[PDB]
**Student:** 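Complex under discussion: rimantadine bound to Matrix protein 2.
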Amino acid sequence: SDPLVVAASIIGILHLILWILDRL
Amino acid sequence: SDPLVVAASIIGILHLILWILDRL
Amino acid sequence: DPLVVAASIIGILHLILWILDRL
Amino acid sequence: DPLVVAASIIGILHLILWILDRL
Ligand SMILES: C[C@@H](N)[C@]12C[C@H]3C[C@H](C[C@H](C3)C1)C2
Ligand SMILES: [Cl-]
């Protein structure tokens, strides 16, 4: 319910996805 | 209200900004 | 909240992968 | 939530390491 925590959550998922794609 | 969780949220957003700027 | 919990697990995985990537 | 707290600690470490790796 903290918009900062929910947003950082979504963004942290986004970040790891981008890292894996660049690693593959 | 947990400063640890709030700070890591802020930091995780900054980290993705830095990652994308290195990518761009 | 399962999104926060999911991001938590994912962030832990990310640092492990990044560390191994530089190891 | 100890999981979210653990992942908060790790996320802060992660960026510390990432910046030092670039310096
Ligand atoms: C970005 C990631 N380290 C997160 C971001 C937010 C704060 C912390 C838990 C969860 C949501 C994941 C740490
Ligand atoms: Cl990287």
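Chain letters follow the order of the sequence lines: the first is A, the second B, and so on. Heads up, chain A uses the PDB entry numbers, so what you see runs 23-46. Numbers in chain B come straight from the PDB entry, and the residues shown are 23-46, in order. Chain C residue numbers are taken from the PDB entry; in order, the displayed residues are 24-46. The numbers used for chain D are those of the PDB entry, and the residues that appear cover 24-46, in sequence. Both ligands and their constituent atoms are indexed starting at 1 by order of listing.
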**Student:** Which ligand or chain identifiers match rimantadine, all copies included?
**Tutor:** ligand 1
**Student:** Which other polymer chains sit within a heavy-atom distance below 4.0 Å of rimantadine?
**Tutor:** A, B, C, D
**Student:** I'd like to know the organism the PDB gives for chain A, please.
**Tutor:**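 By the entry, the source is Influenza A virus (A/Jinfang/132/2002(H3N2)).
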**Student:** Look up atom 2 (C) of rimantadine and tell me if a protein heavy atom lies less than 4.0 Å from it?
**Tutor:**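 Protein heavy atoms within 4.0 Å of atom 2 (C) of rimantadine - there are none.
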**Student:** Check if A:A30 has a non-hydrogen atom at a distance under 4.0 Å from any atom of rimantadine.
**Tutor:**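 Within the 4.0 Å threshold, so yes.
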**Student:** Within 4.0 Å of atom 6 (C) of rimantadine (strictly less), any protein heavy atom?
**Tutor:** yes
**Student:** So if I count the atoms of rimantadine from 1 in the order they appear, which ones are less than 4.0 Å from some heavy atom of D:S31?
**Tutor:** 8 (C)
**Student:** Quick one: what's in the binding site of rimantadine at 4.0 Å, using heavy-atom distances?
**Tutor:**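 Going by non-hydrogen atoms, it's A:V27, A:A30, A:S31, B:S31, B:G34, C:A30, C:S31, D:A30, D:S31, D:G34.
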